[PDB]
Amino acid sequence: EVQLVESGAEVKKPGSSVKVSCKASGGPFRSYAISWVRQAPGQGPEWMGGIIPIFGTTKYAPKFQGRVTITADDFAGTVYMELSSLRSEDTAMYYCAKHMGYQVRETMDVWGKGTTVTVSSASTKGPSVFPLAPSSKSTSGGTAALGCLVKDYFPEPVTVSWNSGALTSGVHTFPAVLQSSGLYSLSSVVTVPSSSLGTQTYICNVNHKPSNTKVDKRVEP
Amino acid sequence: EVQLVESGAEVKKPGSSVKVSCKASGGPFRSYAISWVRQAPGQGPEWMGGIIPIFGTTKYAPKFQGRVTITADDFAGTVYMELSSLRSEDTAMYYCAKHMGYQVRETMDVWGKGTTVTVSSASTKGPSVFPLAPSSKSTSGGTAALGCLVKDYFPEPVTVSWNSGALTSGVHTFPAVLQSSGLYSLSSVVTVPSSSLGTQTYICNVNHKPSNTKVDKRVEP
Amino acid sequence: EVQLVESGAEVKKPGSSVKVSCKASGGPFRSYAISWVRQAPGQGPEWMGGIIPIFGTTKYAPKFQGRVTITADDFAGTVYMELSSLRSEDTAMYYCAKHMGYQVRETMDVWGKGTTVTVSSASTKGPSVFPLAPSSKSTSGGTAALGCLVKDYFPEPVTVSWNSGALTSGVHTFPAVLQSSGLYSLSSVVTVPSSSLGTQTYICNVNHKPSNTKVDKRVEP
Amino acid sequence: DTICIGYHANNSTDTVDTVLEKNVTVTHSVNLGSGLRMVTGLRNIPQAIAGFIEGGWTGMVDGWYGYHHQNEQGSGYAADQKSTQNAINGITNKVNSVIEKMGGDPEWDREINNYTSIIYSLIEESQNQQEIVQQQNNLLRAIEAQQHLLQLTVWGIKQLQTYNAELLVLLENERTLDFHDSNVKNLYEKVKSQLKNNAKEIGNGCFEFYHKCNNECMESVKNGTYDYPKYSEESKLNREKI
Amino acid sequence: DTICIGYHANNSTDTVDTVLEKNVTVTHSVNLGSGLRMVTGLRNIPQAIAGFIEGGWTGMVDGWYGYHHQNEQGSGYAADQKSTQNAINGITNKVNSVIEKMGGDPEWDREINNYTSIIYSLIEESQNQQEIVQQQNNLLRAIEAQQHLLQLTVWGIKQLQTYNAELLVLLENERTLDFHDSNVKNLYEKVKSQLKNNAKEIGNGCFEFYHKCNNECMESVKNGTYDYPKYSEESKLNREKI
Amino acid sequence: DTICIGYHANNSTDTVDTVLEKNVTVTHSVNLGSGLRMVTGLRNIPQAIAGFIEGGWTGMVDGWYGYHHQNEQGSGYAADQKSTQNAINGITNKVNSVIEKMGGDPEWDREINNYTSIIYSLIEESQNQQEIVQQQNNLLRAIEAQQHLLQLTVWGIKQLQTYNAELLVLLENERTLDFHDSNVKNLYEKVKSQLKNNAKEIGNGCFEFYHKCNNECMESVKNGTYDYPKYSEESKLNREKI
Amino acid sequence: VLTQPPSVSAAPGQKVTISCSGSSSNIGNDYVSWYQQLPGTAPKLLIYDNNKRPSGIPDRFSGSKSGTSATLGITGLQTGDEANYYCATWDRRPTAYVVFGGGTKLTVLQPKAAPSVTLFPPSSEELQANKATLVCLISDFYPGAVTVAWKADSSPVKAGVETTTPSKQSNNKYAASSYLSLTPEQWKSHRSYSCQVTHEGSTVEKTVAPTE
Amino acid sequence: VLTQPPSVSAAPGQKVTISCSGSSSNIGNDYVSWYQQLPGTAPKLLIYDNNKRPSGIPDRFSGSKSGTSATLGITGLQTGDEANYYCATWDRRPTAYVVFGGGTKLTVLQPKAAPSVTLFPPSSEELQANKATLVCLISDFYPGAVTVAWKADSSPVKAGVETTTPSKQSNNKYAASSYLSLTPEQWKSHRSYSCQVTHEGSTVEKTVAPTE
Amino acid sequence: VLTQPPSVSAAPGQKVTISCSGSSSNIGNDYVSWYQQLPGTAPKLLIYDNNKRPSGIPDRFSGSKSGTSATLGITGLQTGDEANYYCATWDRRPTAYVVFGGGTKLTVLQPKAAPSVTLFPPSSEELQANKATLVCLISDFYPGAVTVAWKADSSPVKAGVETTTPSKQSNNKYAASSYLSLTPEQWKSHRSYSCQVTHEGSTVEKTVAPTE
């Protein structure tokens with residue numbers, strides 16, 4: 001069946017524009033319509049608009065009617081969605097989805113995987129890495145928890161491994177939180193026995209490619 | 001004009017089948033019908049069947065209607081005749097012959113040369129070569145006759161030369177006879193003067209390729 | 001716009017024939033008619049005939065109607081004019097000229113440059129070169145005239161330079177005259193100061209390529 | 001009350017070429033890359049609400065093939081979504097093959113140019129090491145010249161494929177333009193079939209009902225559920241009323 | 001008594017392609033080798049004994065073009081042997097040319113491959129003797145690679161001939177399908193000519209006699225010896241009888 | 001008094017081929033060089049002065065498209081110079097393109113043969129100096145053989161262009177034959193337009209005037225200045241007189 | 001907008017229905033589609049045209065539409081069916097557009113897992129950089145719904161709090177993090193802070209003091 | 001089957017006709033063809049459509065058909081015309097099929113050549129292999145029709161005899177062979193055997209005895 | 001043939017008209033074209049269809065046709081307009097053919113330049129070859145029309161004279177040559193010969209004697 005591939009994640013400022021593409025496999029010309037459907041966290045999907053093959057007619061949801069433009073490159077087997085006058089609530093996952101016929105309707109049978117667009121007034125900043133030391137308030141007779149706090153970075157994502165890749169079993173990296181500053185922060189914890197604590201050496205390896213910073217930090221009682 | 005070439009001689013057992021081909025020059029597609037006409041020795045011709053170009057319709061003589069199949073390979077410019085349930089009286093010379101139009105009728109203007117099919121219950125056997133000595137009952141004052149008897153071979157043909165090819169003028173090789181055993185036998189005689197008889201040395205060179213035997217035999221009084 | 005190129009000058013005898021060609025640029029096929037127009041010296045033009053594209057129809061002026069033949073090679077983008085039974089008054093400049101449409105009419109918008117045909121009873125002869133000496137009857141206090149007389153040659157043209165090419169400023173070569181013998185004659189004069197006369201050396205270099213003769217002649221008082 | 005069968009026309013100035021015909025204005029075309037333009041839409045021919053005999057409905061924007069009704073409740077254009085999409089589905093798969101089929105030109109090419117690639121690298125070998133010996137001079141000169149003769153020759157395939165490209169378009173443009181004319185007529189016949197004598201044929205692509213056919217009646221004609229016996233009689237007197 | 005002009009239809013599911021039309025079912029086709037199928041027969045269209053306007057006679061098996069009579073003595077199909085064979089004769093000679101003309105592809109080829117043959121033999125030379133010297137290494141490597149560039153290039157001719165092959169078929173399929181339509185009509189006209197007003201034109205490919213025409217009369221119409229004055233009168237009253 | 005629209009026919013036995021049709025006799029053709037013949041004129045079909053429905057006027061020699069009048073003053077053929085020349089202008093520019101377009105075959109060629117030229121000169125090098133050493137023997141032998149493989153290959157372009165040449169002709173012959181049929185009909189329509197009901201349509205390409213139209217009246221119809229109201233009435237009674 | 005139940009619940013093998021209430025302009029006269037969305041995945045088409053199934057969809061799912069309301073039914077319920085379910089149709093009324101339902105989180109009624117809670121105080125390097133962040137990490141709980149409440153000494157504090165939505169871990173339980181951003185002075189100002197997790201009517205609470 | 005005369009005869013320059021009698025279903029209502037066959041050759045078309053000649057056929061041959069009978073005529077008769085002649089037509093009656101006539105051997109009435117006869121006894125190597133074959137060879141006779149009769153001492157023997165059909169030699173006369181297969185005991189049992197050739201009312205006879 | 005004025009005259013800026021009188025068969029019912037011809041150039045199309053201008057032709061030229069007569073008009077006259085002007089049309093009457101007018105030499109009325117005259121006697125090598133040619137060369141005159149008259153001693157001689165038509169030089173004036181062919185005896189027979197050029201009512205005359 002048809003596979004829908006969408007362009008990479010986008011970060012934009014309020015008032016700016018973003019243009020996302022979707023490429024349909026096979027073709028390149030399509031014999032069905034394609035729509036753009038968005039989902040803000042953690043809400044229900046919203047239909048934005050669609051485009052008809054051959055006719056190139058577009059229909060848009062009235063909420064976006066005015067600042068969305070759906071175009072098609074039929075030879076490239078590629079359609080585009082351009083949303084202007086971005087607001088912070090335009091931060092969402094955006095899906096391309098094909099319909100069964102040439103007509104835009106409630107039935108979308110195949111979906112793109114979604115790409116993320118983030119709209120914020122901040123810029124790209126590397127994080128700071130702090131140790132979450134074990135201590136005694138974390139020793140419930142047997143095991144002991146320790147980790148790292150990756151504070152104030154932008155944008156997502158960030159990569160956290162332990163001992164340069166050795167420690168895996170018993171490692172949890174929590175999903176980030178989004179502060180009011182428009183900046184991210186997460187935690188990564190590894191669960192290990194009480195006895196190895198002072199003997200064993202544990203290091204987290206944080207990687208935030210957007211700002212090109214690699215930090216390695218030891219964690220000790 | 002069109003030349004009709006037919007496949008090689010066939011030897012078959014009773015109850016078995018044989019398939020003969022005929023290739024028309026030019027073409028390969030034909031704009032006329034082709035029939036298969038057979039002749040047993042020494043009888044009148046018998047029409048067996050034919051095939052129409054394009055339509056591929058076949059009509060068969062009622063005598064063969066049932067065990068003959070006429071097919072055509074138009075791209076190969078080749079038609080085929082397959083006669084099954086062979087009997088000994090199916091031994092004959094088989095001709096392919098084209099008609100003037102697409103319709104099988106009494107008028108066949110061009111003929112293939114015929115190929116022989118022999119139906120017998122015997123197998124392939126090399127002959128025995130015996131000398132037919134001159135003597136005095138063969139000397140009518142002046143000349144003297146001597147030859148070779150090629151006995152009990154199958155199938156035809158057989159090659160008889162004299163002195164490895166030297167003697168030709170005054171050499172007669174009789175057509176074979178067909179015994180009741182399903183086996184052939186012939187004679188080859190060379191006519192030579194009375195005086196050279198004891199002085200001159202005469203050797204016949206028999207060659208029966210089907211069983212791969214070459215025999216050379218001297219003939220002396 | 002279309003450029004009309006015509007074949008080289010022709011010299012013919014009375015009673016003989018001549019065939020001139022004209023090649024139209026672009027094409028080669030034409031979407032307009034072409035006519036042949038001739039001009040004897042020094043008279044008004046005469047329309048001779050023309051040919052229509054595709055139809056190949058020809059119309060001829062009644063004066064030439066009978067001994068002119070207009071043919072076309074459409075692939076060569078070339079038309080031809082053949083005038084037979086030549087008379088001396090057939091000596092003229094002949095122009096090919098295209099019309100605006102396929103129809104021969106008084107409007108010819110583009111013209112060939114013309115090629116010369118000369119009809120005379122004479123043959124090809126090299127000239128004789130005589131000096132026209134300065135003297136005192138040619139010295140009007142200050143300057144003095146001297147030249148060369150190129151007598152009895154055929155056909156045109158002839159090339160006259162001075163001092164192998166050095167003298168140019170103050171050199172006049174008169175157009176030829178045509179005697180009753182069917183032969184040409186011209187003069188070339190160079191205007192030079194009185195004082196340099198005996199000191200300076202002046203030589204004319206006549207070149208008549210048709211008969212392959214180059215003559216150089218000094219001119220002295 | 002009357003129903004018409006028709007098709008789409010618009011402000012397109014796109015022209016393609018068939019074989020027997022050139023500069024044919026179509027509503028929807030597609031531009032391949034080498035002056036090749038394939039028709040996707042149909043002949044652009046914009047015109048008492050006439051049918052399809054002498055008319056492309058500019059007022060019809062919802063599709064390619066469809067109807068224009070007129071009854072008591074009102075009038076308006078309405079595209080047959082099923083028909084239009086089958087046409088679009090079929091033509092799309094065709095246009096794609098053309099893009100997809102010509103994709104043998106590169107597949108096979110990928111080799112002549114990993115090989116072209118290997119040679120002028122091998123040629124730059126000999127140019128740098130050449131800094132008996134001049135027997136190798138005109139030797140290399142012979143090969144470099146054979147490399148050009150080789151590329152001109154490979155390019156002969158580009159030249160000779162130009163013309164593959166050019167005819168395929170002209171021909172597929174006719175199979176296409178014909179294909180539309182087909183679907184259009186089929187829709188008319190499908191309607192003519194149901195109506196039978198309950199409606200008069202005007203001959204302009206429209207049917208004049210002998211009985212008043214409301215919007216529901218129209219939909220029934222559209223979705224192929226027209227009840228002939230239901231209105232049979234009232235058409236029957238009406239035919240004889242006159 | 002009535003005579004009809006018609007043609008052959010059968011259980012053939014063979015489809016060829018013209019240019020304007022695809023998947024056209026024909027009664028007799030022929031399979032070249034490269035997906036190329038040339039029509040030999042005609043459009044397969046099987047249907048009160050109708051004529052040829054909307055009918056291919058499946059009941060007619062003796063040929064391509066022919067008549068279906070109906071008189072007092074009985075009725076039945078009968079193929080015109082002359083007409084059918086002229087069609088077959090002409091089409092055959094054409095189909096052959098296609099097989100024969102494409103036979104320039106090998107004639108010319110026989111050389112590039114006695115030469116291809118000579119080269120990789122000359123290449124196996126140098127591979128076996130190579131068991132200054134490595135100047136001959138990348139030398140041979142250069143030529144072997146040029147051998148592939150050479151074969152790809154020759155194969156470009158195969159690629160570019162594919163399309164020679166493909167169009168010739170589609171076109172000859174139309175000249176053929178047209179050719180049949182010709183012969184069929186000609187037979188009808190030849191009959192319409194003789195009958196004149198002695199018979200009524202039904203418009204379905206059949207002629208309704210105004211006079212009873214027995215089997216002999218039918219043969220006379222078939223072999224072009226119909227005596228118009230002979231039946232003239234009895235048709236003449238019959239036209240006015242009604 | 002009657003006027004007819006018609007066209008030219010002559011003693012031409014020139015035949016070209018379209019795609020659907022072969023051996024079509026035309027009045028004016030043109031012979032390219034490779035068995036390619038493009039029609040320039042039109043279908044040669046020589047016939048109470050009939051129109052153009054079943055007739056090419058052999059008696060009309062002043063052009064391609066034109067009229068044959070008949071009034072009180074007399075009758076005669078007269079070619080429409082404007083129409084004929086537009087046809088000739090258009091067809092000429094087309095025929096030229098064919099000659100001009102195929103002129104890419106040599107432009108590109110000029111190189112493969114200044115290069116072919118350079119090679120067999122380089123080959124005659126090595127043949128004259130060859131009067132280790134026989135490693136250069138089968139070396140040269142390898143290249144000379146690659147020169148033939150190279151020319152066969154370049155000639156493959158000639159072979160594969162043959163067919164470029166062959167189809168372009170057949171196709172342009174139809175666009176042309178169609179183009180004539182167009183201009184002819186247009187002239188008839190232009191006349192039918194002016195006359196309206198002042199003249200009767202015979203249906204054979206001729207118009208029977210209901211009013212006597214002298215030579216001047218005819219010219220007015222020719223140069224598009226026919227005064228309908230002027231003769232309106234006298235045609236009007238004449239239509240009702242009968 | 002279409003109205004869905006926020007959530008609906010049942011056990012394995014058991015059955016459940018998700019309703020979709022609309023109006024005459026949408027559901028009333030258009031076809032209804034249903035979509036399933038697992039975490040981290042695109043919506044996948046479950047039902048179209050009121051009750052049709054795409055291939056790949058088993059007869060355990062089925063749909064119905066009645067007037068202005070539509071219904072999704074899921075029998076033989078399984079663990080993998082735990083997802084969000086949205087209905088969808090065509091709303092002709094405004095300017096014509098596709099409208100989705102608010103969404104229904106389905107819960108397949110698993111062994112309740114009491115949550116494990118870990119609390120870290122500000123690191124000394126963080127206090128040295130003039131910031132202070134308490135980190136409360138909650139893992140391995142089911143069902144995945146918890147509330148978090150902070151305490152200054154004994155009295156609650158609501159300012160400076162950032163909590164994540166609970167997310168399903170790798171081992172099919174849920175996880176959540178909570179961060180309290182303070183000044184180092186506020187941090188040293190108090191005696192201890194408490195992170196209080198309430199899961200399924202039970203209470204877990206950890207405590208920390210300014211390195212004592 | 002069509003009925004032809006078995007044989008017909010005439011001299012050079014002279015004329016001869018070959019008849020073909022059929023019935024209403026074949027000859028009665030179909031066209032008749034004629035074919036010529038030399039020894040060792042395929043039938044060659046002489047006449048078709050009752051009386052037409054293919055190119056290559058001279059006006060010395062001609063055909064006629066009358067009702068149920070047809071006729072081949074050959075004037076200016078030559079030596080090369082000696083062959084077998086078959087008529088042919090279409091027999092619609094049974095299931096429709098082409099039928100040929102039985103055939104007519106034409107004899108151009110040459111100098112009679114009396115036959116030469118050679119008789120060999122069994123070779124000693126053949127008797128040593130427990131077999132015995134007498135060989136009677138007849139050559140250079142015209143016309144080409146002979147009968148062969150064997151003799152045990154004086155009384156005829158008909159068992160063990162194999163005779164060939166006479167075949168035309170290279171020099172335009174005819175040849176034939178005849179073999180008598182005996183046991184070596186039968187061979188030594190008798191006093192002598194005789195081979196007796198009868199050609200044109202004349203008799204030639206050779207004799208052999210068990211190496212005397 | 002159409003009748004044109006042989007010549008017409010005017011000055012710079014001034015205006016002039018060239019007439020073309022024909023008959024009913026030519027000018028009367030056909031279109032008229034005009035052509036300009038400079039020395040040594042092909043005719044160039046000035047007017048067609050009575051009064052139309054090809055591109056490249058300025059509004060200083062214009063044409064008119066009235067019945068059987070036609071007219072070319074040239075205003076703002078310049079130096080470059082000095083040429084020959086021919087009218088042209090279609091003469092249907094005979095057999096249909098294009099006919100041209102006799103031609104009109106236009107003269108733009110330049111500073112009159114009195115002619116310079118040079119006379120050479122026969123060279124001694126020419127007399128040595130038994131011939132005698134007097135050469136009178138005239139250059140730098142305007143307007144370009146001169147008559148030439150020879151004199152034997154005092155009485156004119158008209159036999160043996162060859163004069164060219166005056167041709168415009170490079171410097172926009174005119175030139176001409178005149179040759180008197182005599183026998184060496186006639187040459188030595190007289191006392192002197194004179195070449196007499198008459199230009200614009202003025203007379204220049206040079207004299208030569210048999211090397212005195």
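Proteins get letters first, then strands, A, B, ... in listed order; numbering begins at 1 in each.
According to the PDB, the drug located at chains A and G is CR6261. Contacts with CR6261 (chains A and G) are greatest for the chain named in the PDB entry as Hemagglutinin, Envelope glycoprotein, Fibritin fusion protein. Other chains with a heavy atom closer than 4.5 Å to CR6261 (chains A and G): D. Heavy-atom pairs under 4.5 Å between chain D and CR6261 (chains A and G) are most numerous for chain A.
The PDB entry assigns chain A the name CR6261 antibody heavy chain.
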